[PDB]
**Student:** 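Today's structure: one with nevirapine.
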Amino acid sequence: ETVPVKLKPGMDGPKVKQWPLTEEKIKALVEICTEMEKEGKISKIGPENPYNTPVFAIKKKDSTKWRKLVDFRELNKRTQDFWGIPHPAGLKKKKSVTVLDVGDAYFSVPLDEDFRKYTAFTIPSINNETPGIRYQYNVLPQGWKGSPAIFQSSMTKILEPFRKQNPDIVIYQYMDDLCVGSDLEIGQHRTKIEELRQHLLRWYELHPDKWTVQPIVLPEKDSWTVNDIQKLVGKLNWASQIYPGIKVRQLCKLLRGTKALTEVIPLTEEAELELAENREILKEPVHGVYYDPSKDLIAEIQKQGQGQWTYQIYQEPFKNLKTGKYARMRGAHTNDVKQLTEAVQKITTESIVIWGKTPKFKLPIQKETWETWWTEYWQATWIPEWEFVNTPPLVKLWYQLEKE
Amino acid sequence: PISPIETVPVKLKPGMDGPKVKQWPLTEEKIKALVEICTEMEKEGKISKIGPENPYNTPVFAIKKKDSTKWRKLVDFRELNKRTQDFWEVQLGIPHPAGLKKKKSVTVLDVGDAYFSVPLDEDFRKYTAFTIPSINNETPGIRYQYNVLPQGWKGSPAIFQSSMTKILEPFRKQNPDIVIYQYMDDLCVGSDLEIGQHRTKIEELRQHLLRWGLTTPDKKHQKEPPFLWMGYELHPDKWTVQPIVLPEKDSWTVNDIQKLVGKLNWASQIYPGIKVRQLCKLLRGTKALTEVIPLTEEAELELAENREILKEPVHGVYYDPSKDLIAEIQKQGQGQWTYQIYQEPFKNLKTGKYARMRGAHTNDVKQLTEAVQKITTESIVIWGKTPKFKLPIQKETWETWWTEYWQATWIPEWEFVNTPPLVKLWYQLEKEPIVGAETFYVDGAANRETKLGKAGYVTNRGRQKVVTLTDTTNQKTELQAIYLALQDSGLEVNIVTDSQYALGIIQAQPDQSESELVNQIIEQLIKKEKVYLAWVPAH
Ligand SMILES: Cc1ccnc2c1NC(=O)c1cccnc1N2C1CC1
């Protein structure tokens with residue numbers, strides 16, 4: 001039967017506006033929706049229900065069929081807490097982790113009669129020649145936090161047989177997803193997953209070891225020009241915000257005077273050293289950097305250009321829990337947005353894999369631009385929170401510096 | 001009439017009470033009137049005369065309209081409303097001609113007092129109770145309450161609609177080739193059949209509705225094509241724009257020049273070439289609305305010019321799903337763009353322009369991209385698809401800018417079109433220092449409190465200068481150092497500065513701003529043949 005669930009004290013239901021959709025997408029949601037309607041998973045609703053959540057279609061994996069995606073981000077945020085599964089740290093250390101879509105579990109269990117209103121979602125009609133098709137969930141919704149929570153006992157209860165049939169394989173669950181990590185070589189691993197699929201059915205290829213952070217590498221030259229140094233120094237200056245040990249004193253003197261930008265400058269052994277002394281500090285991640293679980297996780301991104309995108313994951317300014325780069329995916333060559341959503345999903349999966357939670361993004365794109373098209377390329381079942389920013393012209397020059 | 005309709009479960013906002021307002025007393029002439037009507041409605045099943053067992057009340061007024069000058073009642077729900085729960089949004093997104101699929105024939109059905117036709121949540125009426133006063137506060141008046149969706153009540157629009165919807169589900173599935181639209185009381189019904197088939201179908205619908213209580217107006221009130229929809233004459237073959245009259249007087253007040261310009265601005269979206277710069281100009285420093293401002297010659301001329309444009313017919317075509325969706329864009333001016341979406345050359349579905357999107361600092365390509373997305377979002381809503389783009393810009397220009405900009409950006413599939421003015425990059429900082437070019441080491445300094453400063457540079461070639469700036473911000477100076485530099489250099493310059501603001505100009509090489517300064521620098525930058533900007537930390 002059902003379990004009583006409420007909203008955080010004094011919170012009211014979400015009343016988010018459903019963003020405009022494509023025709024092809026709408027026809028799909030309709031099909032889909034009438035389906036669950038018949039299956040009793042959802043029932044249409046009157047106008048006296050003022051809540052509402054955004055909905056949309058996905059073309060996840062090889063399929064002419066679309067998946068249905070609802071944005072319970074606001075609902076999740078407003079939903080009471082339940083104290084989920086603790087973190088299997090080691091998961092990140094496996095040679096290969098895989099992920100699965102089990103949101104389909106949920107539809108099984110009934111949703112408390114008194115919480116459903118809050119789950120109201122709406123399908124639009126082109127040019128508004130029709131009021132939207134209002135519905136509200138009866139069963140557990142895919143994408144709602146409470147779901148994996150409620151369906152926890154029944155979930156674990158079905159995994160143990162595997163967890164024990166294989167104890168060298170770690171299994172982590174987040175929302176609709178599930179992550180499997182084993183050191184077995186590919187086949188044995190992949191094959192092994194299916195064994196689990198068969199399992200779970202009877203009711204992502206990641207390799208996190210070769211992963212994480214990388215260093216900054218300063219340029220070197222037979223000969224250095226005024227500009228080369230100028231840039232060099234400008235960058236080191238910033239860098240001292242992460243590494244105070246860094247110094248540009250000698251180098252700056254080399255700059256005294258006002259010769260052509262292109263004029264070559266001979267480096268003093270002092271500067272020569274000081275440069276070596278900085279190549280050393282930068283050779284490693286700053287110390288005393290530990291992830292605080294009670295703090296929000298942040299993920300920032302800069303668009304290097306040429307299909308390049310650096311990112312950083314931190315909780316405190318200049319204390320990266322991790323930094324990385326991402327190159328565009330074959331077949332996005334003229335679409336900034338594709339790569340960006342493309343990158344985001346990836347940084348989120350790493351965040352979930354490593355710390356088991358989703359970072360908060362700072363995106364170098366226009367709200368309108370993003371909002372107009374992210375869905376066109378989204379594939380995850382989850383959705384991170386995001387804010388849009390104006391890239392500091394240096395945070396970039398600095399990271400465009402990492403070694404490859 | 002009333003109906004056999006499942007009412008909607010309505011409630012008062014979180015922990016509140018129904019309206020408790022005293023009945024404004026009235027004249028004997030307004031009473032005898034109100035009592036009259038409340039007898040009819042009373043018997044039409046709409047209202048129920050309840051007893052003193054009701055603390056809730058609303059003010060019943062009495063006005064005379066034109067269509068009869070016969071007394072017409074009015075109930076003030078401003079209170080029941082604000083105390084009434086909230087509903088989901090009543091379709092605020094309304095259809096647009098350009099998005100209507102043309103139809104063999106289209107009927108418009110006035111759904112009459114559809115409002116008073118639907119039952120009220122019985123477990124709610126009480127809050128609608130109101131009281132017909134007695135001759136100036138005499139004994140107790142007559143107490144009533146509504147049994148149906150009340151005119152002027154907050155949830156009526158929403159509830160009525162849903163009803164109509166549930167009722168249309170059937171007829172609609174019973175012939176998926178007949179498209180119907182609900183709004184206010186307008187049930188516009190069309191289809192691709194033969195007038196007979198059609199005519200005969202409407203009659204089926206009307207009777208169907210009637211089967212529930214929804215009585216549809218006379219042969220009298222019956223509306224006849226074309227139809228007016230927010231300034232549009234609509235025939236089911238195409239649409240014309242409901243012409244707009246430009247009054248001509250010898251006495252123009254502020255109030256007027258605004259109302260005027262107002263309408264004009266709206267007319268820019270359809271008519272090509274409508275300007276109001278000079279008209280807007282007449283509002284400068286006005287001291288009050290009724291103020292009568294004399295029109296300048298310019299104001300009289302463009303004003304006179306516009307009169308003609310509007311005296312031109314701008315028809316329209318409907319949406320044919322079987323044909324491409326094309327959108328073409330023009331740069332009417334810096335920051336100013338116009339667009340027209342059409343399926344067949346010259347048969348425009350929709351046009352429009354976007355008031356100059358002035359900002360802190362952008363570039364054309366940027367702005368274009370924004371116009372592009374604003375359009376796209378529009379399209380999706382109208383047709384549920386994005387159009388093909390015909391843009392006044394070369395793919396090379398596009399690749400260069402975009403493939404390098406610090407911000408995620410994109411333009412859905414498009415095609416170049418050479419409809420000058422084309423949009424281009426007025427300049428492009430060098431990727432590296434220029435060999436040969438003179439090198440300026442600029443610096444700007446001023447007291448932010450005294451607002452007094454200096455600005456200048458010193459080139460590697462020995463050149464130099466400085467200037468005393470009275471009343472300025474430290475920025476203005478720095479940038480000024482930069483300005484002078486570009487002034488006093490050749491057509492290739494190397495400039496270094498520690499101003500983190502210039503660093504911004506580097507990353508975004510904007511071609512338009514707010515401060516004449518930046519602006520001036522742009523005009524300068526644009527002039528040089530090669531410019532290399534260099535930033536370096538200060539002190
Ligand atoms: C005002 C309005 C709003 C929405 N749709 C329509 C209309 N009116 C029409 O006259 C119309 C014209 C052409 C195509 N559909 C139209 N109709 C639809 C009913 C056939």
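Here is the naming used below: chain letters follow the sequence lines, and residue numbers restart at 1 for every chain. Atoms within each ligand, like the ligands themselves, are counted from 1 in listed order. Quick note: numbers below take in every heavy atom, side chains included, and nothing from hydrogens, waters or symmetry partners.
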**Student:** For nevirapine, what are all the matching ligand numbers or chain letters?
**Tutor:**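 Check ligand 1.
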**Student:** To what macromolecule is nevirapine bound in this model, taking the chain with most contacts, per the PDB entry?
**Tutor:**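 The largest contact partner is HIV-1 RT A-chain.
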**Student:** Heavy-atom contacts under 4.0 Å: which other chains make them with nevirapine?
**Tutor:**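 Other chains in heavy-atom contact: A, B.
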**Student:** Could you walk me through which residues contact nevirapine, taking a 4.0 Å heavy-atom cut-off?
**Tutor:**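 At that heavy-atom cut-off, the site is A:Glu129, B:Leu100, B:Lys101, B:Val106, B:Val179, B:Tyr181, B:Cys188, B:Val189, B:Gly190, B:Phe227, B:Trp229, B:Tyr318.
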**Student:** What residue and heavy atom of the protein are closest to atom 10 (O) of nevirapine, and at what distance?
**Tutor:**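 Nearest neighbour among protein heavy atoms for atom 10 (O) of nevirapine, to 0.1 Å: B:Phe227 CD1, 3.6 Å.
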**Student:** Just jot down the nevirapine atoms closer than 4.0 angstrom to any heavy atom of B:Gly190, in number order.
**Tutor:**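 This gives 19 (C), 20 (C) as the contact atoms.
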**Student:** Give the residue and atom name of whichever protein heavy atom lies nearest to atom 14 (C) of nevirapine, and the separation in Å to one decimal.
**Tutor:**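 The closest heavy atom on the protein side is B:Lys101 O, 3.3 Å.
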**Student:** In nevirapine, which numbered atoms sit nearer than 4.0 Å to a non-hydrogen atom of B:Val189?
**Tutor:**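 By the 4.0 Å cutoff, the relevant atoms are 19 (C).
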**Student:** I'm curious, which organism is chain B from according to the PDB?
**Tutor:**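 Per the PDB, it's Hiv-1 m:b_hxb2r.
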**Student:** Give me the nearest non-hydrogen protein atom to atom 3 (C) of nevirapine as residue plus atom name, then the distance to 0.1 Å.
**Tutor:**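 Of the protein heavy atoms, B:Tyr181 CD2, 3.5 Å lies nearest.
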**Student:** Among all protein heavy atoms, pick out the one at the shortest distance from atom 12 (C) of nevirapine; state its residue, atom name and that distance to 0.1 Å.
**Tutor:**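 In this structure, atom 12 (C) of nevirapine has B:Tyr318 OH, 3.3 Å as its nearest protein heavy atom.
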**Student:** In the protein, what heavy atom is nearest to atom 8 (N) of nevirapine, and what distance, to one decimal place, separates them?
**Tutor:**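 Answer, as residue, atom name and distance: B:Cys188 CB, 4.2 Å.
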**Student:** What residue and atom, counting heavy atoms only, is the protein's closest point to atom 11 (C) of nevirapine, and at what distance?
**Tutor:**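 Result for atom 11 (C) of nevirapine: B:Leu100 CD1, 3.7 Å.
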**Student:** So which heavy atom in the protein is nearest atom 9 (C) of nevirapine, and how far is it from that ligand atom?
**Tutor:**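 The closest one turns out to be B:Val106 CG1, 4.0 Å.
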**Student:** State what the entry calls chain A.
**Tutor:**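 The PDB entry names it HIV-1 RT B-chain.
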